Q: 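Quick one: structure below, then a few questions.
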There are 6 protein chains.
Amino acid sequence: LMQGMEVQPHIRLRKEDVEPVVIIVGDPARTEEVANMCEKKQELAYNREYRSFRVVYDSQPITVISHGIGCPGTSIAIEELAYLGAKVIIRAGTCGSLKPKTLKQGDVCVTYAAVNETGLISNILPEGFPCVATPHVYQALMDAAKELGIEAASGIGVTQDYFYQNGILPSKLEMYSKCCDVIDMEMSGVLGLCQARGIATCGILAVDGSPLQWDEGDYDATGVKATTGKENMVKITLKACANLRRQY
Amino acid sequence: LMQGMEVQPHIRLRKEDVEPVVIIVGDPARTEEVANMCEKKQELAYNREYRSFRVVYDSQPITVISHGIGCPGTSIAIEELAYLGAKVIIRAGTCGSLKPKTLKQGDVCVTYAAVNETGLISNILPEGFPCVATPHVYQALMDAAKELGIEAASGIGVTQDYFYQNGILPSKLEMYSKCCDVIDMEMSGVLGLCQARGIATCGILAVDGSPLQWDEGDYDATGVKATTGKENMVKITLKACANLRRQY
Amino acid sequence: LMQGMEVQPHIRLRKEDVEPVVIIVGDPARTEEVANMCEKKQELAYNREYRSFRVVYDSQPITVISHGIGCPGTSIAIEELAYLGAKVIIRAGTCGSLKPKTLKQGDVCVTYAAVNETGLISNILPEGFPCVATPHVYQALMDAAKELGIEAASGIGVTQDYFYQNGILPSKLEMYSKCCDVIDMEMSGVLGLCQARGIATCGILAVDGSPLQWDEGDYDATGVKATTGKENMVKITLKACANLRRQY
Amino acid sequence: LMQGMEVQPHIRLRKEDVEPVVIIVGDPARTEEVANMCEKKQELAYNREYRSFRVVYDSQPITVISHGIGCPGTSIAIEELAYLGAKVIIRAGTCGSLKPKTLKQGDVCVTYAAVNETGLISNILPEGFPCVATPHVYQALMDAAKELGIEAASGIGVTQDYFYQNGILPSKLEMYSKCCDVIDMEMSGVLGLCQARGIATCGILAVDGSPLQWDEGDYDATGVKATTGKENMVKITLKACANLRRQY
Amino acid sequence: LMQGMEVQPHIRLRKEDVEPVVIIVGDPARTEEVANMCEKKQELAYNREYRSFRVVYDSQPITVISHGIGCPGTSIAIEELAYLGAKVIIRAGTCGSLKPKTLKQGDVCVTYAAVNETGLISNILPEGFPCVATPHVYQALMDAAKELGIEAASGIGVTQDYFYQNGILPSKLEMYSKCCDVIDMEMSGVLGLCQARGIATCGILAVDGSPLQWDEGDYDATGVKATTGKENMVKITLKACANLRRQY
Amino acid sequence: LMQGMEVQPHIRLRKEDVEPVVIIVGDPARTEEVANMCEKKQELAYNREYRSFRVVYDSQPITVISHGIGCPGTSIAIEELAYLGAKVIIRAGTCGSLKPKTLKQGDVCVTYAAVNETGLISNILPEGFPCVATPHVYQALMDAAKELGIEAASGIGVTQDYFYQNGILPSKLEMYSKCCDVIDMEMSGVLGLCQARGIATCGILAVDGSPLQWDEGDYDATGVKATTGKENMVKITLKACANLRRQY
Ligand SMILES: O=c1[nH]cnc2c([C@@H]3N[C@H](CO)[C@@H](O)[C@H]3O)c[nH]c12
Ligand SMILES: O=c1[nH]cnc2c([C@@H]3N[C@H](CO)[C@@H](O)[C@H]3O)c[nH]c12
Ligand SMILES: O=c1[nH]cnc2c([C@@H]3N[C@H](CO)[C@@H](O)[C@H]3O)c[nH]c12
Ligand SMILES: O=c1[nH]cnc2c([C@@H]3N[C@H](CO)[C@@H](O)[C@H]3O)c[nH]c12
Ligand SMILES: O=c1[nH]cnc2c([C@@H]3N[C@H](CO)[C@@H](O)[C@H]3O)c[nH]c12
Ligand SMILES: O=c1[nH]cnc2c([C@@H]3N[C@H](CO)[C@@H](O)[C@H]3O)c[nH]c12
């Protein structure tokens, strides 16, 4: 006879450590930044790239945890969170703009879908599966942005299993720019895997540059524009998550 | 020097015949059924499988046109409608249920996305492109349903380039049923192509059977359950479309 | 215990309405044009894009039915016709030329094979399956053309799930032109599915333009050249079909 | 400034050594067997797996050359033959039966098409390209068979890049048997490459066993049944080739 | 005019911080464990999942840095390390056994190649590219193992973009077990990307369980067997890396 | 009840004719060239493209057999050799250079891996399988070259199912040149299939030209440079094989 593990092996959490609403972010440092915007915080665990907190925002307890860069490491956090009872997962991340005329450093984009280029989604779901947000979760993010008076684009992203565009094979970014708005490394994986696991999901992203213009120096992840965009994104996410959390 | 054609060659419409909001249906016969629910109707053209009306619902003029069975015939209608000024396209169709316990003949499902198995989308858009609805169009359909007090599921469909499941190669329906709610032959093509052409889009579908249970006689497209489901779908679609039409 | 349907659900025919030899055409209007070239005609049904006649040519009864634009809608007609006892199916359609120097508006091409770009054939048959005509059916068409003194090219076509060549992704027509003669939207589906169902098959197509030269206005489906080509194609098809019909 | 080579590097022939009609066979030994059925024979070259003769049959000069097992070695022979002026290429080979009830050791099958599973065709031609015979070449083979009173099946083959079916991955033969009659290792490559190079082409194959029943000993390449089948195939091929040769 | 960044944006290192020989490990915690086995250690940076040290082993300075779980996060580390002058990269990681009879918890396997199932390698290199070790780097690891008297298997791994095998689509592990010895989430990406960037490379892996037997509790990443295996792996890696470092 | 064949059907050998170490070459003529460098030789069989010898070099008996051009014909020899007890198979072949600056006619390259473009490996092994040499076999070849004072490059090759680069579709050689060293038509098939069958394997190739420069006449397979390269390759292979043979 077999038994479950006391603590999930990678995120090192037990079921009492996980709320039905979870905010996931790529960078362990951002979990603390989120926590510092809340009334109460408690750091739970920090193993590998997975740092977790319970936070209280608008009297609602929410889980905040880092997933690391890329779909594979993210798949582990999502599977372990799902086993522990997560019901809503929102990725609050950073991204490049593929529309440098209208989405610029500091801007926020709520991604209701993402073009999949990841090996994760290509192997765990049938070909042609849409990596799409749950409508009421997208609506909670947009309604939060509206209430706060914070501008938020609504867009389709593209997700790749790499950052740098160094070529044996031709870059696809020019083509992608003709049908989507932003680019990152986890979104289609998050949306797709959450849909597959019956977890309600959406993404929101703050722009740090444009890879179409990296050659002209359009990148500044640490700068004031990016820092302010991320702050705005977190304000929207926390508002939306307290509203969702109430339903559980 | 070249000039545009006076009437588009397949749908046989001119720009003055096309409203910015369009309802598309598979069957020529359904265009008249829609039109009979309106204050005013005018049949415009009927060429090949493309029968078109201008209708007035809640004082708003809306185009209604049939697209025929399958993505290819549908692609022609959408391309020619787009050239003529269509800004919003909603497919109001029929479908099979892949969730026979909960979605049955007569039920309506608003499809915010669809798994693509079509050659159309596989060839005109990059691999991994999400065939997804425009959020505000989905919201208009759901809000119309709520207002009318008509139950409408929210789901992900799958779209195939065939109807019958006679096999040399194994049927994929059991697998699709694990991650999809409904099945049809145009939705991913509509959503995907409209996204590509910058047309706001969504789908709504009335269930006529369950292909997982066709072998036990779970199909009745002409029956009272399916007929009532389609009537409900049309009520929701017309209400949502009048609201959308007002913004133009 | 289950029973068959009295009338097939889409084409709305019973087995007594279907001959072992069937001519299929994309446009419902062409079924009547064919019928008007015969000694006797009887319209049978008209549902959705499927209009059907029994015709008598050279004392032989033949079925004539429209299949609509594209492989998906066509697959339904072919499956339902096959269930009702069809043994020979010939598509008499229209097409673009990929050899604008030697195949021009008004010319006829008997297609003994087609390059498949359809989602239908890609999903129902193994990769690499040849969408090819049955030799004795091709021979009947060619022998009819010879007897009538009507010039008919012999060629390989390409079949796509779309008409317009509007690009996120590069058009493939230039490449296709280096290995085939004509382009349409149903041929590989017809040939492939018929082969799969053990139905003897071939295609014949009348040229209405060249998509390589659409930008220079090389398209005229309603014009005298195209109209005459279609008339010639129908004369060949009817002669060949009466000969085949005799064998049953 | 560059010049052509005097003799082609693999087959080691000059243009005066090559007739416009060529019979290709897999085994060097079969070139002599063919030549022994003719009025006159002259061995030309033998390099690697490529052994060549000029033969005279019914007063017509024809090239006979071996291509070796598999599409890659065969591609070299065809390319070099084409450079030297070949206009018609017919493969007279051996094969397995996928229809063991009706096609048995000693039987002959004229293959007007073949399912492609070769890397050759997958890489040199677009996906979905039909590996198909030239109708008038198929007709010459069938007419020769009819004249000789030798039974010849007409069928579709499948071509693979291997012979043995030892598995890490599942064998596909049972599936192929639903839609194909025979199996070999060169046919789709011959038909496809000849089509691409504008060479008129067809295949004819003598059955030596059934791989579906190899486990029960259904294989005898050297036996009297197979030897007689190959003799019959050669009789048909030589007769058809003399007729074709006359047109040049 | 553009300039390079002073510190690379993700790993936060400058060229003077990077040695030509680099050991990469998945877990930030393992960088310290490696460093504790050396004569001298200096922690350099810790940003996101990227923690780095300079270590001195057998008088040779070597970089040690964590890459996080999965190819995408790893690609960033390798690209930025390569820009900074890395010439040799060895992944010292953990893995599952696909050969549970012979490779068990605590065992070490030097992987000279890996089956690629990653989106990274599928998109940055041509199809069929071998994710393979540089022979002299493999030899340095094996020679170090032989010198130390520590048993090390030599094998081929498989790399996937996920850890958990929860299925909508069938698990491929049983098939992989026929042709692979171990399974992890980064190896094919490391080997393949290093080959592409002209970095000499190999992998070594300590077994922590067998996913074929996870259902029977064959997993213990923190246990004494796995801990000893990792210690042995590190001993081999440090010895091989000092030898390699000397050549620069 | 079934029995094995006395003599394998294609190579026409019995188990007593096959040594555990086998040298395979594409050209039947090269088997004799190899044999003439040995103390003792015995020709065993010659059927189709498969000519075989037992040779004695440095008192060790080794099998030498031709496999013909291309993976398919080669797969037969390898399967039949494996059934007869072959344990080590080394391909000693010829190749084109993709690095015309540093690998030129007459140069030798030991290929420890090959990019797969063959239909053989694509169908018998999972996607992403590395076609890689067995490390100790590569080491035996390199150690032989070092001992003999013969320069030998160490490289990754690419293997295609064709020789000539004649285009419907764009040539891939320019891209391949950015990630590998040499090009041939059997290597990935040999390495991959041997790995699959548990046979230890490596490849060594002598350069006869550069296909990137065929247009400038960079090809001379019969010339003194190529002839000397092949002689050098054979000297290395025979030395390495006698060493390996001793272990059995
Ligand atoms: O321009 C970009 N391209 C790809 N990914 C990202 C990101 C996101 N942040 C991380 C990379 O810095 C990674 O998690 C990715 O999802 C920000 N900007 C870009
Ligand atoms: O059970 C089903 N499977 C696939 N398509 C459909 C449909 C839709 N209606 C048409 C086929 O009846 C076609 O347009 C398809 O999209 C209704 N039910 C089903
Ligand atoms: O130039 C062309 N490209 C693609 N299809 C067609 C057709 C055929 N006629 C219909 C489109 O008008 C459709 O059934 C297609 O098969 C005529 N011309 C062309
Ligand atoms: O049962 C079979 N399977 C696959 N190929 C062949 C052949 C043909 N003959 C050669 C293999 O014996 C090869 O050229 C292949 O095309 C005969 N029988 C069979
Ligand atoms: O059984 C396994 N399957 C897949 N990956 C891993 C690993 C490796 N360690 C991390 C997951 O624990 C990840 O980096 C992966 O590469 C250890 N064991 C296994
Ligand atoms: O430049 C080349 N391209 C492809 N193959 C080869 C060869 C090898 N020799 C044979 C072709 O001559 C074939 O077996 C192939 O593997 C030599 N040179 C080249």
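Labels below follow one simple rule: chain letters A, B, ... track the order of the sequence lines, proteins then strands, and each chain is numbered from 1. Counting convention: from 1, in listed order, for ligands and their atoms alike. Side chains included, hydrogens not; waters and symmetry mates left out as well; all remaining heavy atoms used. According to its header, the structure was obtained by X-ray crystallography, 1.9 Å.
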Q: What macromolecule, as named in the PDB entry, provides the greatest number of contacts to ligand 6 in this entry?
A: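 Its main partner is Purine nucleoside phosphorylase.
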Q: How do PDB records name the drug found at ligand 6?
A: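 The drug is forodesine.
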Q: Tell me which other chains have a heavy atom under 4.0 Å from forodesine (ligand 6).
A: D, F
Q: Looking at forodesine (ligand 6), would F:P211 count as a contact under a 4.0 Å heavy-atom criterion?
A: yes
Q: Please state which option from F:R91, F:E186, D:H10 has its nearest heavy atom closest to atom 11 (C) of forodesine (ligand 6).
A: D:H10
Q: With atom 1 (O) of forodesine (ligand 6) as the reference point, say which of F:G96, F:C71, F:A226 has the nearest heavy atom.
A: F:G96
Q: Among protein heavy atoms, which lies nearest atom 7 (C) of forodesine (ligand 6), and at what distance?
A: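 The answer is F:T94 O, 3.5 Å.
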Q: Hey, could you tell me which residues sit within 4.0 Å of forodesine (ligand 6)? Heavy atoms only, please.
A: D:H10, F:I69, F:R91, F:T94, F:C95, F:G96, F:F163, F:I183, F:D184, F:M185, F:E186, F:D208, F:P211, F:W214
